[PDB]
Visitor: 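PF-00835231 (bound form) + 3C-like proteinase nsp5, experimental structure. Questions below.
Read the sequence lines top to bottom; their chains are A, B, and onward. Using the PDB entry numbers, chain A covers 1-303, in order. Shown for chain B, in order and in the PDB entry numbering: 1-305. Every heavy atom of this structure was used, including side-chain atoms; hydrogens, water molecules and symmetry mates were not. For this deposited structure, the header notes the method as X-ray crystallography, 2.0 Å. Remember, it's 1-based here, ligands and their atoms both numbered in the order they're listed.
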Amino acid sequence: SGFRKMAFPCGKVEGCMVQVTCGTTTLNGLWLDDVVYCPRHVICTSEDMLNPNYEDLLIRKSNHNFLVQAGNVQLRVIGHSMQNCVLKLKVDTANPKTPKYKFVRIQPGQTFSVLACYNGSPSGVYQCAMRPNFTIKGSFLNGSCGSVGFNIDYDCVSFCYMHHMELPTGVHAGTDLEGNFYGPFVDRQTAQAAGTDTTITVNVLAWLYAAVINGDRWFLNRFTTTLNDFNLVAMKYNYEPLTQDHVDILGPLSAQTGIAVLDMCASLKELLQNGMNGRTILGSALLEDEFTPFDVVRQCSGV
Amino acid sequence: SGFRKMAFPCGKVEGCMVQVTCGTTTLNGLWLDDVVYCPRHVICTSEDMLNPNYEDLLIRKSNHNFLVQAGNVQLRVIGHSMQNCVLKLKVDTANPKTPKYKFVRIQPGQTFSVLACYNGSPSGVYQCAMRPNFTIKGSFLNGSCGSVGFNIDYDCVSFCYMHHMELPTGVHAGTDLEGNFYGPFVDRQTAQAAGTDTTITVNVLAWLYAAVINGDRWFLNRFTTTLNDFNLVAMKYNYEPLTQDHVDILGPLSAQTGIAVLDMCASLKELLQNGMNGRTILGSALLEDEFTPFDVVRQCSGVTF
Ligand SMILES: *[C@@](O)(CO)[C@H](C[C@@H]1CCNC1=O)NC(=O)[C@H](CC(C)C)NC(=O)c1cc2c(OC)cccc2[nH]1
Ligand SMILES: *[C@@](O)(CO)[C@H](C[C@@H]1CCNC1=O)NC(=O)[C@H](CC(C)C)NC(=O)c1cc2c(OC)cccc2[nH]1
């Protein structure tokens, strides 16, 4: 029993992080087989980063312009290309610690583990959720560009995120491993705003089931609601609408606890209209939305 | 920027996790050089665990009754001994992935990363604080015993926790790597209850220095206090008393902000006595007590290992 924000063990990714330096600019890269992936803005100078014509800057670079260090060893770049915002540095040595891996694009509301690195050295690991406005609430300082987010299924690492930027509001943005940004952001040195953030409703409900499995029931009530009447109220509070697919994904948690999904929606509607009266749920004073149904099932199955 | 509960990268520990079985009883162990460390109750049957005599139960066992597996590879056991509630099993292969390491016994309030494991396979990692009642608010399922907690300093892994028990209330209890429980618990299949918990004062202060560093400082008052007066007041709110070590580890954050520890204590004292007054700190109206001063430093300064 217990419920905690939990990340995947990150050893398989640790063995892939390297340092990439071009000029006076240094960040992290991801070394898989004989390719090192890193944010392309590493080729920029301070003045370039203001409005980088990346294809122009890139053609003017040579392989020897790129210093790639893996621990003590320096890797020799034998080629360089660009895939959207991701620089691909070819090296003469394949990483022997390359796990089975895949590149995937995560959807909003889904979670992943982030391995935060500095100068190519892993510094910490934590779980994040892709917000509906395609930002993430991470913990990233100068030099963390090139850090990657990932899930693991069996022995296969699914890479979904590479970090590029911190918005003025302090949330974070980045790309998939094909170099496409999540959201409407751009890798230039400008202050950028995200769209209006909404709350991930299916995740809040999963976390309410988790609280019940762990003995917290004070927010429960006898009422039920229709799906549409629930969504009318949820939208009013800037919650995403709950789809029938979401209802279905919650099935296992409904079964385990014996609380129908539409019953638990009536509790959430009461919480949104009434607040929490200074009470807490799983130790939190706010309604937590960064836990997926599957995050809950995998920690609370059998409890 | 941003502030999260962050674990240490756990690769160096994953390469050390193994499975230990005796009869049908299975749990996790820690493979360092040519020794495997694990909870001694692996030698119990389900019925033995009700009222075990571990000395008696161990006299019955030989090296060849112990199944130790790294993945599906068996490590032959060539010696065995018991130290408090930990079993040590000598094996015929020195772990080639052994990191630089040490065994440490941490204080209440200290945090550590937990590598949750099942059948010798790491499954998740998360951060925990040792509560003042010597429990941890963990997330542990059946088969998790022998999971370890650790910190990483430079390249050295400091092991501080081995998992043994879930209490009725849903919190967790265990030992250090020398087999000595944190708290008044015993490894026996019985419902045991922990003392009343308290708030970790040194960590709340750390979190307040964090807020100041970030420009959020409305709560700073013009008062100061003695350490003894603060301790006596803090206890009336269920806050833990500060030690000299606590004052000393707050030193860096005190110098960084220019706010003396006892001045921050007088500010915290006011927050306790008058409440928050509809205001928040770092986004929260709840005072946070599971970040140590090193966590605050490590996260606001990006230290690596
Ligand atoms: C990478 O380390 C750069 O290599 C760095 C990410 C962070 C810096 C602090 N916390 C982080 O996560 N990323 C940047 O510095 C990016 C670089 C771009 C993509 C070329 N820049 C920003 O994130 C950024 C720029 C600006 C800005 O300008 C003007 C104004 C306001 C906010 C802002 N964020
Ligand atoms: C280990 O995996 C045992 O090998 C297991 C830890 C958990 C089980 C569920 N979640 C966990 O973290 N530990 C136990 O099962 C221990 C075994 C002891 C050390 C012999 N027992 C308990 O944790 C336990 C027993 C009882 C109990 O009795 C009856 C009554 C109430 C609570 C309780 N917890």
Visitor: For PF-00835231 (bound form, ligand 1), which other chains fall inside a heavy-atom cut-off of 4.0 Å?
Guide: A
Visitor: Write down the UniProt domain of chain A that holds the majority of residues in contact with PF-00835231 (bound form, ligand 1).
Guide: Peptidase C30
Visitor: Does the N or O separation between A:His163 and PF-00835231 (bound form, ligand 1) drop below 3.5 Å for any pair?
Guide: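 N/O-N/O distance under 3.5 Å: yes.
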Visitor: Of all the heavy atoms in A:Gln192, does at least one lie under 4.0 Å from an atom in PF-00835231 (bound form, ligand 1)?
Guide: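 Checking PF-00835231 (bound form, ligand 1) against A:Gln192, which is what was asked, there is no heavy-atom contact under 4.0 Å.
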Visitor: Just jot down the PF-00835231 (bound form, ligand 1) atoms closer than 4.0 angstrom to any heavy atom of A:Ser144, in number order.
Guide: 2 (O), 11 (C), 12 (O)
Visitor: Is the closest N or O pair between A:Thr26 and PF-00835231 (bound form, ligand 1) shorter than 3.5 Å?
Guide: no
Visitor: What are the atoms of PF-00835231 (bound form, ligand 1), with element, lying closer than 4.0 Å to any heavy atom of A:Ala191?
Guide: 27 (C), 28 (O), 30 (C), 31 (C)
Visitor: Polar-atom distance check: A:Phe140 versus PF-00835231 (bound form, ligand 1), any N or O pair below 3.5 Å?
Guide: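 N/O-N/O distance under 3.5 Å: yes.
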Visitor: Among the ligands and ions shown, which others have an atom less than 4.0 Å from PF-00835231 (bound form, ligand 1)?
Guide: none
Visitor: Suppose I only count heavy atoms of A:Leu27 and a 4.0 Å limit; which atoms of PF-00835231 (bound form, ligand 1) are within that range?
Guide: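 So the answer, numbered in order with elements, is 4 (O).
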Visitor: With only distance considered, is A:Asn142 within less than 3.5 Å of PF-00835231 (bound form, ligand 1) through an N or O on each side?
Guide: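 No.
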Visitor: I need the atoms of PF-00835231 (bound form, ligand 1) closer than 4.0 Å to a non-hydrogen atom of A:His164, numbered in the order shown.
Guide: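 In order of number, 5 (C), 6 (C), 13 (N), 14 (C), 16 (C), 17 (C), 19 (C).
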Visitor: Examine the proximity of PF-00835231 (bound form, ligand 1) to A:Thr190 and report which part, side chain or backbone, both or neither, has a heavy atom under 4.0 Å away.
Guide: backbone
Visitor: Which PF-00835231 (bound form, ligand 1) atoms, with their elements, are less than 4.0 angstrom from a heavy-atom of A:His172?
Guide: 12 (O)
Visitor: Can you identify the UniProt active-site residue of chain A nearest to PF-00835231 (bound form, ligand 1) and give the heavy-atom distance to 1 Å?
Guide: A:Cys145, 2 Å
Visitor: Determine from the entry whether a covalent bond links PF-00835231 (bound form, ligand 1) to a chain, and give the residue and atom if so.
Guide: A:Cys145 SG
Visitor: Distance under 4.0 Å to a non-hydrogen atom of A:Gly143: what atoms of PF-00835231 (bound form, ligand 1) satisfy this?
Guide: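 So the answer, numbered in order with elements, is 2 (O).
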Visitor: A:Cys145 heavy atoms, cut-off 4.0 Å: which PF-00835231 (bound form, ligand 1) atoms fall inside?
Guide: 1 (C), 2 (O), 3 (C), 4 (O), 5 (C), 6 (C), 13 (N)
Visitor: Within 4.0 Å of PF-00835231 (bound form, ligand 1), heavy atoms only, which residues of other chains turn up?
Guide: A:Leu27, A:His41, A:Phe140, A:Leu141, A:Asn142, A:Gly143, A:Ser144, A:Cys145, A:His163, A:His164, A:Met165, A:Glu166, A:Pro168, A:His172, A:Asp187, A:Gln189, A:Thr190, A:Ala191
